[PDB]
**Q** 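Complex under discussion: pamidronate bound to Epi-isozizaene synthase.
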Amino acid sequence: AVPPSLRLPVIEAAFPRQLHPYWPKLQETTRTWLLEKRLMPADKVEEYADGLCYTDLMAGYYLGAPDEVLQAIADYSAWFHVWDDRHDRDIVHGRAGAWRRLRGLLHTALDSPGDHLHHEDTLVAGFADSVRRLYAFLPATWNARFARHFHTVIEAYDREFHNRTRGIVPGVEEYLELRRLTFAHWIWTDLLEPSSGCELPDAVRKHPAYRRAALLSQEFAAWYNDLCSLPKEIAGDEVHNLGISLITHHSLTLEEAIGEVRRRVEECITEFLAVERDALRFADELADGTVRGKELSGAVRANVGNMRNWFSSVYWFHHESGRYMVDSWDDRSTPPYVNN
Ligand SMILES: NCCC(O)(P(=O)(O)O)P(=O)(O)O
Ligand SMILES: [Mg+2]
Ligand SMILES: [Mg+2]
Ligand SMILES: [Mg+2]
């Protein structure tokens, strides 16, 4: 089971895990994609890819997604972790120019992914393949919203690059704002929509209950990552972690900061339970007797159900994934699955 310091009894009792039926094929298809797109060396794909559990993380989240939608999401999620690793290595090795050029290419490819499917930088070509596929499911209005959100994510990664190269730890509130962008809260929230087959109108997805449920699902996922990834992040000189901000700016000991992060995570769960009632009541209200109302109600219900599924998927991912097993590495500062 889960060690006491990381255990969340409410998740275990009230957020039962779910798994999408396409998971076995999803796992192998993403492994093949990482190999074919040269996002990881063949030996590292064979030794670590399945053990990283990226497809499991998505298959526990976007329940009900069409298989091809889930495949594009899973490829994107694996890509997103490889990009996190590249960013980290560029920082560690002082590759400011390589990072700046990658950042510019990602902004361009995000707006024009088809143009970049055969780019010489394999990380850019793999990004472009996953994004072009994500852009084929819903109207171009959704694509434009995904792009606006991801442009903001890329710039948050750039701010992290500057923080780490200058040895700056953000303040707590600065960190919490930044973390909604580096974790890509609004991208995961956008991806609920192709998974349930419907672009939600602005009036629906901006309803306060939908917005707050979406926010709390992501805050839990990001801050539980902070709690569980703290050991590897301290070992890797990462500065972006709520516990690190608390130690640096509020004078907490390691133990005190861990307890504070845990309490904030636990409160996300019970705040989510309150707002979920309101979001499901809104879903009921959307079912106004019309065909479109039934469609919107069902989509909102499926999306809020997946906001709930994110809690359990993220919880178990952190205990299953090889990504965080720092105690097993020869060099605690260099995870074996990254290209160093
Ligand atoms: N979400 C991507 C990877 C992370 O969660 P990880 O802790 O590096 O796995 P980050 O903290 O960098 O956001
Ligand atoms: Mg990271
Ligand atoms: Mg990161
Ligand atoms: Mg982390």
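Here chain A follows the PDB entry, giving residues 16-355 in order. Ligands are counted one by one from 1 in listed order, and the atoms in each one are counted from 1 as well.
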**Q** Which ligand numbers or chain letters correspond to pamidronate, including copies?
**A** ligand 1
**Q** Quick one: which pamidronate (ligand 1) atoms are inside 4.0 Å of a heavy atom on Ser244?
**A** 7 (O)
**Q** If the cut-off is 4.0 Å to any non-hydrogen atom of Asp99, which atoms of pamidronate (ligand 1) fall inside it?
**A** 3 (C), 8 (O), 12 (O)
**Q** Based purely on interatomic distance, does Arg338 place a nitrogen or oxygen under 3.5 Å from a nitrogen or oxygen of pamidronate (ligand 1)?
**A** yes
**Q** Name every other ligand or ion with an atom closer than 4.0 Å to pamidronate (ligand 1).
**A** ligand 2 (magnesium ion), ligand 3 (magnesium ion), ligand 4 (magnesium ion)
**Q** Can you find a non-hydrogen atom of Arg194 under 4.0 Å from pamidronate (ligand 1)?
**A** yes
**Q** Is it the case that pamidronate (ligand 1) has an N or O less than 3.5 angstrom from some N or O of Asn240?
**A** yes
**Q** Looking only at heavy atoms of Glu253, does any of them come nearer than 4.0 Å to an atom of pamidronate (ligand 1)?
**A** no
**Q** Name the UniProt Mg(2+)-binding residues of chain A with any heavy atom within 4.0 Å of pamidronate (ligand 1).
**A** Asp99, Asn240, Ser244, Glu248
**Q** Checking a contact table here: which protein heavy atom is nearest atom 2 (C) of pamidronate (ligand 1), and how many Å away?
**A** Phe95 CE2, 3.8 Å
**Q** So which protein heavy atom does atom 8 (O) of pamidronate (ligand 1) come closest to, and at what separation?
**A** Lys247 NZ, 2.9 Å
**Q** Which residues define the site around pamidronate (ligand 1) at a heavy-atom cut-off of 4.0 Å?
**A** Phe95, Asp99, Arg194, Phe198, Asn240, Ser244, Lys247, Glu248, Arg338, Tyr339
**Q** List below, pair by pair, the N or O atoms of pamidronate (ligand 1) and of the protein that are less than 3.5 Å apart, including the distance to 0.1 Å; reply 'none' if no pair qualifies.
**A**
{"from": "pamidronate (ligand 1)", "atom 1": "5 (O)", "to": "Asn240", "atom 2": "OD1", "distance (Å)": "3.2"}
{"from": "pamidronate (ligand 1)", "atom 1": "5 (O)", "to": "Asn240", "atom 2": "ND2", "distance (Å)": "3.2"}
{"from": "pamidronate (ligand 1)", "atom 1": "7 (O)", "to": "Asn240", "atom 2": "OD1", "distance (Å)": "3.1"}
{"from": "pamidronate (ligand 1)", "atom 1": "7 (O)", "to": "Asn240", "atom 2": "ND2", "distance (Å)": "3.0"}
{"from": "pamidronate (ligand 1)", "atom 1": "7 (O)", "to": "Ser244", "atom 2": "OG", "distance (Å)": "3.2"}
{"from": "pamidronate (ligand 1)", "atom 1": "7 (O)", "to": "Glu248", "atom 2": "OE2", "distance (Å)": "3.0"}
{"from": "pamidronate (ligand 1)", "atom 1": "8 (O)", "to": "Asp99", "atom 2": "OD2", "distance (Å)": "3.1"}
{"from": "pamidronate (ligand 1)", "atom 1": "8 (O)", "to": "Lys247", "atom 2": "NZ", "distance (Å)": "2.9"}
{"from": "pamidronate (ligand 1)", "atom 1": "8 (O)", "to": "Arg338", "atom 2": "NH2", "distance (Å)": "3.1"}
{"from": "pamidronate (ligand 1)", "atom 1": "9 (O)", "to": "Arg338", "atom 2": "NE", "distance (Å)": "2.6"}
{"from": "pamidronate (ligand 1)", "atom 1": "9 (O)", "to": "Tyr339", "atom 2": "OH", "distance (Å)": "2.7"}
{"from": "pamidronate (ligand 1)", "atom 1": "11 (O)", "to": "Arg194", "atom 2": "NH2", "distance (Å)": "3.1"}
{"from": "pamidronate (ligand 1)", "atom 1": "11 (O)", "to": "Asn240", "atom 2": "OD1", "distance (Å)": "3.0"}
{"from": "pamidronate (ligand 1)", "atom 1": "11 (O)", "to": "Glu248", "atom 2": "OE2", "distance (Å)": "3.2"}
{"from": "pamidronate (ligand 1)", "atom 1": "12 (O)", "to": "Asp99", "atom 2": "OD1", "distance (Å)": "3.1"}
{"from": "pamidronate (ligand 1)", "atom 1": "12 (O)", "to": "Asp99", "atom 2": "OD2", "distance (Å)": "3.1"}
{"from": "pamidronate (ligand 1)", "atom 1": "13 (O)", "to": "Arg194", "atom 2": "NH1", "distance (Å)": "2.7"}
{"from": "pamidronate (ligand 1)", "atom 1": "13 (O)", "to": "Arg194", "atom 2": "NH2", "distance (Å)": "3.4"}

